[PDB]
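Here, acetazolamide is shown bound to Carbonic anhydrase.
Note that chain A is numbered according to the PDB entry, with residues 5-226 shown in order. Note: hydrogens, waters and symmetry copies are ignored here, and every other heavy atom, side chains too, is used. First listed ligand is number 1; within each ligand, the first listed atom is number 1.
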Amino acid sequence: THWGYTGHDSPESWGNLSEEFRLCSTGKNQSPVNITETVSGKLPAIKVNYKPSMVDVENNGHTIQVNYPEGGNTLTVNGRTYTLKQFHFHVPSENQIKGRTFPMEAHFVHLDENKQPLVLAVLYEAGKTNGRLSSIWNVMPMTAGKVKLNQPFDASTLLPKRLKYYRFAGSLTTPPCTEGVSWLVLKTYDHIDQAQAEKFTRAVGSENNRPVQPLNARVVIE
Ligand SMILES: CC(=O)Nc1nnc(S(N)(=O)=O)s1
Ligand SMILES: [Zn+2]
């Protein structure tokens, strides 16, 4: 069923669109979130085993996304291996740091062998052109549609070397807003210039951030 970020269709009504999106309105563990208060703790280190792959770049109407047809690219956290399925973008950011919205956020979405979802997040500050995204921005379908990119894409360039993160449990920020999703929001910020963010918005047709949800019972670990 149709949903979006504006119109009579907007995030605050997602739960009533159908019975099967109801968690969007009724869940207590929803993403995204404003990360204000945190607990300093000893989080397991991330190990990135990303490498180049043959990807396609899809406009599904709601974001620009890079689909990984094969496993290949993994993340090991806490002796668990998670397989990168796809990554995609929000302009502006869904998650916030101390009330601060960022001009873009990237969501790297995974499953482990138990099919447990993990989202590793990168927040972009305004700054110089992102040279490592230009390859994806250049083939960006500006309407709904899908192109396989000729030259291999390496996602290791999209993650910093400093891999400190905020950790919390949450949900998909798009319908059906399924809960039980591990969130790891990296502290080290990448950058995008203004054209890049505007083009994206132009392509997808709107700013595509779900608004922040209450933490309720949850604690964010830094
Ligand atoms: C199959 C799949 O991954 N669907 C998603 N829906 N929302 C997502 S997000 N913005 O939380 O990372 S991913
Ligand atoms: Zn997302």
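The ligands or chains attributed to acetazolamide are ligand 1.
Close approach of acetazolamide to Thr177 is summarised as follows: ligand atoms under 4.0 Å from at least one heavy atom of the residue are 10 (N), 11 (O).
Of all the heavy atoms of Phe112, none lies under 4.0 Å from any atom of acetazolamide, so neither backbone nor side chain is involved. For chain A, the active-site residue flagged by UniProt that comes closest to acetazolamide, at the heavy-atom distance given to 1 Å, is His66, 8 Å. With a heavy-atom cut-off of 4.0 Å, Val113 touches acetazolamide through its side chain alone. Residues of chain A that UniProt gives as binding Zn(2+) and that have a heavy atom less than 4.0 Å from acetazolamide: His92, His94, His111. Residue contacts with acetazolamide do not include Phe91, since none of its heavy atoms lies under 4.0 Å from the ligand. Distance cut-off 4.0 Å; other ligands and ions near acetazolamide: ligand 2 (zinc ion).
Remark: among candidates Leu176, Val185, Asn212, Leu115, the nearest residue to atom 5 (C) of acetazolamide is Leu176, based on non-hydrogen atoms. At the top of the distance list for atom 12 (O) of acetazolamide, counting protein heavy atoms only, stands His92 CE1, 3.3 Å.
In this structure, the protein non-hydrogen atom closest to atom 7 (N) of acetazolamide is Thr178 OG1, 2.6 Å. Counting only non-hydrogen atoms, the option in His111, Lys89, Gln90 that gets closest to atom 3 (O) of acetazolamide is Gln90. Per the entry, the species of origin for chain A is Neisseria gonorrhoeae. The region of chain A touching acetazolamide is mostly the UniProt domain Alpha-carbonic anhydrase. Proximity to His94 (heavy-atom distance under 4.0 Å) selects the following atoms of acetazolamide: 10 (N). Counting only non-hydrogen atoms, the residues of chain A annotated by UniProt as substrate-binding that lie closer than 4.0 Å to acetazolamide amount to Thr177, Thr178. Taking every heavy atom under 4.0 Å from acetazolamide, one finds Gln90, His92, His94, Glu98, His111, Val113, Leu176, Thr177, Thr178, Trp187.
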Could you pull out every N or O of acetazolamide that sits under 3.5 Å from a protein N or O, with the distance for each pair?
{"unit_1": "acetazolamide", "atom_1": "6 (N)", "unit_2": "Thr178", "atom_2": "OG1", "d": "2.8"}
{"unit_1": "acetazolamide", "atom_1": "7 (N)", "unit_2": "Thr178", "atom_2": "OG1", "d": "2.6"}
{"unit_1": "acetazolamide", "atom_1": "10 (N)", "unit_2": "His92", "atom_2": "NE2", "d": "3.1"}
{"unit_1": "acetazolamide", "atom_1": "10 (N)", "unit_2": "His94", "atom_2": "NE2", "d": "3.2"}
{"unit_1": "acetazolamide", "atom_1": "10 (N)", "unit_2": "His111", "atom_2": "ND1", "d": "3.4"}
{"unit_1": "acetazolamide", "atom_1": "10 (N)", "unit_2": "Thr177", "atom_2": "OG1", "d": "3.1"}
{"unit_1": "acetazolamide", "atom_1": "11 (O)", "unit_2": "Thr177", "atom_2": "N", "d": "3.2"}
{"unit_1": "acetazolamide", "atom_1": "12 (O)", "unit_2": "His92", "atom_2": "NE2", "d": "3.4"}

